[PDB]
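Structure containing desvenlafaxine.
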Amino acid sequence: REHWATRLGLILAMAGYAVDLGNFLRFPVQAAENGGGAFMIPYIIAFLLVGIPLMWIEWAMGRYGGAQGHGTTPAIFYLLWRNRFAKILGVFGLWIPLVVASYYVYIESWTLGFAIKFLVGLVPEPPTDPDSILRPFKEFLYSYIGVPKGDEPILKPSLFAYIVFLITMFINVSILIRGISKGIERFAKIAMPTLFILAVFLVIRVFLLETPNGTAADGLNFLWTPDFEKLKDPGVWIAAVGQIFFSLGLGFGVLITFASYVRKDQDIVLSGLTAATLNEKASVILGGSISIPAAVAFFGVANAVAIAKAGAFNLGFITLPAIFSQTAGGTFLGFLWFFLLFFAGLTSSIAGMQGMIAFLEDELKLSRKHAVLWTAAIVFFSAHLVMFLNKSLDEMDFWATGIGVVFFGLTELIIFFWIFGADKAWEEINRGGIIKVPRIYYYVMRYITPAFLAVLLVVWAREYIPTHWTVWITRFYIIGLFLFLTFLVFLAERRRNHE
Ligand SMILES: CN(C)C[C@@H](c1ccc(O)cc1)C1(O)CCCCC1
Ligand code: NA
Ligand code: NA
């Protein structure tokens, strides 16, 4: 079985997974709308009661599984719990990241395409007034995506957008086909520093931004000024717990698959805690210092609320490109920005596609080459739904990363720490550990963590159990995908009985 070569590379691959566009866009937006600096209170609390506990558990299940030649949850859940239902629930953790891959790789391709357009200077050049500056870029994006101009829910992405998507897919395949160490790990050792340099450079450049409307200091001010009165809102406490899931990448079955390449007695306690810390530093230090401050510096702290409510996607693909076009050498600033984003996604997308690569290897005994190609073929195919069907993307993201990760996360807890046995599990976590997990965490993992997750489930339920008919197409497809994965798992166990 493949293994990580260096302890360092392991951490950089894991942190590479967790560090994403959410660090630079999603996290800052959430913080600004939920108490600013006061949002750190329920965020840190969720990091300690939910994030860290769940993270160690996924590392634990991963390594425990990897030692027995299985990297995915259909096999692993069966090992912790020998039921038929256990294999079935495990499919979710093979299904979730595949659904995400169907739209993520595509969104990742946008950043690549934008980065190219910005580098060669093929971008709009306005003109005055905010709507007169934003609109040329709002249109720049819509022509790339192919946002419907009529009542039809049909996207018509440009030939360039589609071609970059191909190139992007090809780039993912290139790394993945070289394997865990020589491919993913080797790239993590290059990408993560390159990422850090780009972030710092942009951070410095943003702090020097001075416009008649404001400064970057005003941005860091508006963002970090604590509004404790919002801490009374449960919704803030829910947003924090949800954000932790998103920022760390819990409930996707990726950490599990990665940790299955960790050797049987190698440390997962300190290593995981480290990669988790790298991610959080990248969020609060780098991500919170670029997007929002620049937006406030140019549009004033007066629009700082409106900017935050405009959504993370607008901030990163319309607002920030528009601000750059109005700065000295801003067209190159746009390129660094998108190239920063592109790598941040590319380190995450190779990580998410590894789960399917692992399954085909471990359970269907495919060569790494075949597993990678058939995985790419599936992800490439499904993406056409995201590319051509309007709001298809939103529907996949709702199911896969709304119900999916929070439900499947709780399923990970119960199976490992309740069914498999809390005591056996606690040993499985701490075994070979450079440092040991604090004794108090045994209670958190057993009660507090699943309590929070259950509340997030019911709170999601009541609010979200309550769209155009075309969603049924996306629902039809993702349901079908689950069925198809169920079939492969079925074929996997029929092959094993023969041998
Ligand atoms: C949150 N992280 C770490 C990135 C993940 C993700 C999941 C959902 C989403 O909306 C964006 C990214 C992702 O890496 C999961 C595997 C498939 C690619 C995306
Ligand atoms: Na993150
Ligand atoms: Na990444």
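Nothing fancy with the numbering, it's 1 onward along the sequence. Values below: all heavy atoms of this structure, side chains included; hydrogens, waters and symmetry mates excluded. Just follow the structure's listing: the first ligand is 1, and inside any ligand the first atom is 1.
- Taking every copy into account, the model assigns desvenlafaxine to ligand 1.
- In this PDB structure, the PDB entry names the chief binding partner of desvenlafaxine as Transporter.
- The set of residues with a heavy atom less than 4.0 Å from desvenlafaxine is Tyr17, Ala18, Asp20, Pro97, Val100, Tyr103, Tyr104, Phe246, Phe252, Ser348, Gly352, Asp397, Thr401.
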